[PDB]
Amino acid sequence: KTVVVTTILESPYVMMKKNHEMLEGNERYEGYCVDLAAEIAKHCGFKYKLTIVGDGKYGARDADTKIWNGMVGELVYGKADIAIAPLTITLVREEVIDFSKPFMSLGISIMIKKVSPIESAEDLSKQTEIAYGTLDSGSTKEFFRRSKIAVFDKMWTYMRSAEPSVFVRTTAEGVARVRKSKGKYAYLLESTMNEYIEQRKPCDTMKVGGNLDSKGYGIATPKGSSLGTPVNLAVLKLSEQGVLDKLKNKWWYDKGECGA
Amino acid sequence: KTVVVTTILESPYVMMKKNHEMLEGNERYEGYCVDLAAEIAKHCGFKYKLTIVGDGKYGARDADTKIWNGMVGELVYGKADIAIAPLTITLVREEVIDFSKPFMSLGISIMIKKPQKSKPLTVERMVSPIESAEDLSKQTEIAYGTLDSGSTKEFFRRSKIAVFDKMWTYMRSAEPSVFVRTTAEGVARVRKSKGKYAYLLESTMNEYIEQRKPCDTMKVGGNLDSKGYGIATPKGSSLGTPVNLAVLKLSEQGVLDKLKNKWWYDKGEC
Amino acid sequence: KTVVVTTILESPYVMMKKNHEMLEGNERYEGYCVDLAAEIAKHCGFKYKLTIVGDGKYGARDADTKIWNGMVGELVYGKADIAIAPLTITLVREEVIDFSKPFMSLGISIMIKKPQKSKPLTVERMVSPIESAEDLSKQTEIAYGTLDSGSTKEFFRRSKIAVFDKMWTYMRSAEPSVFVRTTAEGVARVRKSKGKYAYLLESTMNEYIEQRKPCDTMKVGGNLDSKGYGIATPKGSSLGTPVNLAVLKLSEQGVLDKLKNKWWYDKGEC
Amino acid sequence: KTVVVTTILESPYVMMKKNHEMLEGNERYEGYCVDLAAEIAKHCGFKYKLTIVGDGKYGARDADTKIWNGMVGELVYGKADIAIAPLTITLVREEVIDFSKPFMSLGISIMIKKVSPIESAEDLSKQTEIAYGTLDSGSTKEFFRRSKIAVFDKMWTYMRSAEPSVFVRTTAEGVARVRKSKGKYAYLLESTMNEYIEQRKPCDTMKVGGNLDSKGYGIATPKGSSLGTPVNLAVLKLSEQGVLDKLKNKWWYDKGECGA
Ligand SMILES: NS(=O)(=O)c1cc2c(cc1Cl)N[C@H]([C@H]1C[C@H]3C=C[C@@H]1C3)NS2(=O)=O
Ligand SMILES: NS(=O)(=O)c1cc2c(cc1Cl)N[C@H]([C@H]1C[C@H]3C=C[C@@H]1C3)NS2(=O)=O
Ligand SMILES: NS(=O)(=O)c1cc2c(cc1Cl)N[C@H]([C@H]1C[C@H]3C=C[C@@H]1C3)NS2(=O)=O
Ligand SMILES: NS(=O)(=O)c1cc2c(cc1Cl)N[C@H]([C@H]1C[C@H]3C=C[C@@H]1C3)NS2(=O)=O
Ligand SMILES: N[C@@H](CCC(=O)O)C(=O)O
Ligand SMILES: N[C@@H](CCC(=O)O)C(=O)O
Ligand SMILES: N[C@@H](CCC(=O)O)C(=O)O
Ligand SMILES: N[C@@H](CCC(=O)O)C(=O)O
C-alpha cells in the first residue's frame, strides 16, 4: 500500500529536475522537500509516491462556501495521506489537519528590486507611492485579513481596496512582477523563498526590514491519521542530528550562484 | 478543580516580586511565563496555582536506575498537570511527555566576558578572542561549560558533528567539572573568570543578560542549533489540544511578540 | 428617533470617499469629524444622520437684514439638532447656540507660497518676504484675504489692536474680491498666485495642507490668537451635557490625540 | 453682598505682595489671577473678596471616604462662590462644579536641572537611574492614576511604588527638589508654571520633550450657581479682545529675568 504524497511546484523545495520528460516515478523530482520525504520514509519505513497538487494553491477556505482548495483540500477530502511541502502552520489549518513540529523557521518579509526608502513595514504602509502585494491563497494573506495591529490593518485596507489587484497568482509571478516594476511594486513573501531568490542570479532583488512575525513549516496529515506520531518523531530526530540543517545548507548556500 | 502548573525561577521568565514576603498565591511571581499562563487561562478558562519543582531542574533522563528528575519527572509521575516554563522540545522528552507548538524560538549560543576595548586613527575597536564553536573547541586556553541536567548537555552528549563531539569529549573529562547547577552560577563563573570561561546557554537568556546591567558579558557567534520552547503536558491528557490551540491563537494575535518585546528589550539597562 | 447632524465638507474633517457613488447613509463620508461623531455615539446611545448644510457656510449674522446662515443658522432655527464640525467658538455665536468644551486648539495664521531654494560654504536657505503679521500689514506688495462668512473675518472686523484693525482697513481698501468663498479656493489662489497673495486661516488646516502634496505653501510666523473647536447644540437642548461629558471623557482617554495623529500626521508626504 | 473668591498661592497667578504687611484688604494681592478677577468683576459687576484656600491643595476626591478638599471642596460645600485660580478642567471635577470656557491652554511637561539625555517622556520611563514625580492632589496625579496608556501605566506603576515618597507637597517644593537633586530627580508639572520657572533667575531648569496632553484652566463655580453664564461670556469676551493674551505676556514675558 503506497502512500500518496501531495507537494507543490515551489523552489528549492521541489524542482522538476532537468530531464523529467525521460524519467519515471519520483526520480523526476528533486529538492529540499524530496529529500525530506525520502528521510521521512527511511525513518518510518513506508513507500511513498510524489504527486503534485492539482491546483497550484497552498490552501485556504473560501467564505460563504466552506470548501478547501489545494493541499489542505487534498488532505481533508482523502486525496492524499501526507503533505511534505512548505505548508505554514496556522490556527485555522490546525483545526482540520494535523501539523507536525516545525522543520523550518520562517517570517514575513518585504523584498524589492535593487539606502532603500522602504526600510521597515510601517514606512511602506505610510508611503503610498510604491505598491505591495501578496500571494493568492497563502498564509500571509489570511494573516493580514485577521490581523489586529493598526499598521497591519492599514496594509490590509490598502490591499483589499486597490486598482488593479495587488495580489499575485504564483510566487514566481510575484518575483517577475517586482523585477519588472523598476522599484514600483513590492512583494510580501516568506523569508526562506525570498532569501533563495535574493541569493540567485541575476540577483536583482534584496530583503529589506526585519520579520513581521514568526511561523514554521510542518508536515501535514489528515485529521485522525495514524502517521502523525511517526512523522513527528522523525522530524524531531532529524532536527536532533541536524539533517534538516544540512539539507537547508545544501539547497540554500552550497550552490551560491550569486555575488555575496 | 484547580490544576497544578509548574515553573522555574529563571529571569525574565519567572522572577519573584520585590514586595513578595506578604503576598500569597499567583501574585508572588511576575515575569513572561506568568503572563503566558494568564493569557492561556484567559483563552481557555481554568484555575491554576503557581508551583515550583522541588529540585529546580528542567528535566533529564538520569542513567542507571532510569529515573526522571526535575520538571519532566514531576510531570510524568502525576505530581504535575502542565508545565508553562522554558522547556525545550526534545526527542527524548517528546517520547516521554507531550509538547505544544513552539511558542519561543531559541538556539545554543556561547557566552564570554566582554574584553576591554582596544586603543588603536583614534577610533576604538573590539577584538573577540572567540568567534565560533570550532575555534573555541580548537583552543585550550579557555575552558567552557554547560548547564547540569539541561537539554544542551544532552545535545552535546549525542552529537555526531565532529566539532560538537570534540567539545563533549573535552567536557566529560575536564576536571574540575565545568558543568554548573544553575544558569546564575554559570553567569557568575563567566563574570569572575576574567574571560577564561565560556558558558553555553540558550540564545534568549544570553540576550537577556546582555541587555541588562552590569553588561560586562557578550554573546559571540551564531546559534549552533535551532530549537524551541513548548508547553509540556503528560501523555493521554485532554488539556493538550486546548493549550496547543491557545498557543496558536496567541502567536497569530501577536501577543507573544509584544510580550517578548516588553520583557527582553523594553527593560534595556545598557 | 434619529437626530440631525450637520457638518461641513472640509478636509480632513469631512471628505467623501472615492467609492461614494454606490454607497448610502453615513458610509459615504469619512475623516476626523465622522470618527468624533462615532465616538460620541459610542459614549451616548443615539442614531445620527450625516447632513451637509445647503449653503455650505460656517455661520454669520447680517447687520441690515439680520439672519443667521450656514451651520449656526441651521442650528438656531430648529433645522438641525447638533453640529459636529470644525466650528470656531465665538462670543457672538455663544449668544445664539451652546458650545461644548473645545476638542481641538487652533490659531489664525498666514499662508504663503513656498519660495525657491536660495543657492548662495554652499548652503540652501528659505527666505520669505513675510516673517510675521506686522510686516504683512506694513507691506503693500502682497495682497491678503480671509474666508467669506467665517470667524476670522469676525475677529478682524472687531479687533481693537492697531495691526489687525489696519489689516481690516486694507481688506476694505485693496478692492479686489480678496475674500474667498471656500478654503479650497483660497488655497488655490495662493498656489497659483506665484507669490502675490497671502491667505489667513486656522493653523490646523494650514498644517494639513502643508503636509500634503504638492506642498507648495508654507506656514509663516505664529498664531495671531488662540481659539478652539466646540460641538454646538441649540440653546435649551438636553443633549449639551451628554456631548460635553463625552468630549471630556475622550480628551482624558487620549482618543482625540490619537485621531489627530492618525488624520494629520500619519498621512503626510514631502 | 460681596462674592467670596477662592484662590491659591501659586505664582505668577497670585503673589503675596512684599509690602503686604502694611497692605490691608484685596490690595495686598497681585498677579495674573487678581487681574483676571478684576476684569471679571468689571464685566459682570459684582464686589469680590479673594480668600486663600485653607489647605494648599487644588482638589481631589479621597478614596474610601468620598470627600473633596481644597478649591473643589470649598466650592461644593458652600464655602466660596467662585474659584478664579489655575484649576484644571477634568472629567471628574465637572460632574460636581461648573467650569467655564478655558482661559489658558496647558500641557504636561517635564522639569529637570540644566545633551538632554531625557528628551521625551518614553525615554524618561525607560531609564531608572533618574526618578520622576508629580504633585499630589492635582490633575496630573489623577491623570497618571487613571491613564490607560501602557507607557503612562508603567509611569504610574513606577511612582506609586517607590521609596521614599517621590511625590511632592507643593510646586515650589517640587522645583526646589529638582534644583537640589543635581539632575537625579524629574518633575512633571503644568507647562505654564514650567515656563515661568525656566524663565526665572537663576534659570537652573529647562523644559524637555513635548506636551504629553492638552488641558485648560477654567473659572470654577458651584453646581447650579447663577454665575456660570456671566463668567463664561466674560471669559469669552476677554479672550476675544486679547486682554488675556496681554496679561499672559505681562506676567510671563514682560519682566524676563533671564537670557533668551
Ligand atoms: N535553521 S532552520 O530554519 O532550517 C530549523 C528550524 C527549526 C528546526 C530545525 C531547523 Cl534546521 N526544529 C524546530 C522543532 C524541532 C524540535 C525542537 C523545536 C521544534 C521541535 N522547529 S524550528 O525552530 O522551526
Ligand atoms: N519572536 S519569538 O522567539 O518570541 C516567537 C517564536 C515563535 C512563535 C512566536 C514568537 Cl513571538 N510562534 C511559532 C508557532 C506558530 C505557528 C508556527 C510555529 C509555531 C506554530 N513558533 S515560534 O517560531 O518558536
Ligand atoms: N492636540 S489637539 O489640538 O487635537 C487637542 C486640544 C484640546 C483637547 C484635546 C486635543 Cl487632542 N481637549 C481640551 C478639553 C479638555 C479639557 C480641558 C480643555 C478642554 C476641556 N480642549 S483643547 O485644549 O482645545
Ligand atoms: N495664549 S493663552 O495660552 O494665554 C490662551 C489660551 C486660550 C484662550 C485664550 C488665551 Cl490668551 N481662549 C480659549 C477659549 C476661547 C474660545 C475658544 C476656546 C476657548 C473658548 N481657550 S484657550 O485655547 O485655552
Ligand atoms: N507557503 C505558504 C504560502 C506563502 C505565502 O504566504 O506567501 C503557505 O502554505 O501558506
Ligand atoms: N532551557 C533548557 C535549559 C538551559 C540549557 O540547558 O542551556 C532546558 O529546558 O533544558
Ligand atoms: N473654522 C472657522 C472657519 C475657517 C476660517 O474662517 O478660516 C469657523 O468655524 O468659522
Ligand atoms: N493646577 C493643577 C495642579 C497642578 C498639577 O497638575 O501638578 C490643578 O488644578 O489640578
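Chain A corresponds to the first sequence line; subsequent lines are lettered B, C, and so forth. Since chain A takes its numbers from the PDB entry, the residues it shows come out as 393-506, 630-775. Numbering, chain B: per the PDB entry, residues 393-512, 624-773 in sequence. Chain C is numbered as in the PDB entry; shown residues: 393-512, 624-773, in order. Chain D is numbered as in the PDB entry; the shown residues are, in order, 393-506, 630-775. Counting starts at 1 for both ligands and their atoms, following the listed order. So how was this one determined? The header says electron microscopy, 3.3 Å.
Per PDB records, the drug at ligand 1 is named cyclothiazide. For cyclothiazide (ligand 1), the chief contact partner in this model is given in the PDB entry as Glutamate receptor 2.
Other chains with one or more heavy atoms under 4.0 Å from any atom of cyclothiazide (ligand 1): A, B. The deposit lists the origin of chain A as Rattus norvegicus. Of all L-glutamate-binding residues UniProt records in chain A, not one places a non-hydrogen atom under 4.0 Å from cyclothiazide (ligand 1). Binding site of cyclothiazide (ligand 1) at 4.0 Å, heavy atoms: A/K493, A/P494, A/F495, A/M496, A/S497, A/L751, A/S754, A/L759, A/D760, A/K763, B/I481, B/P494, B/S729, B/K730, B/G731.
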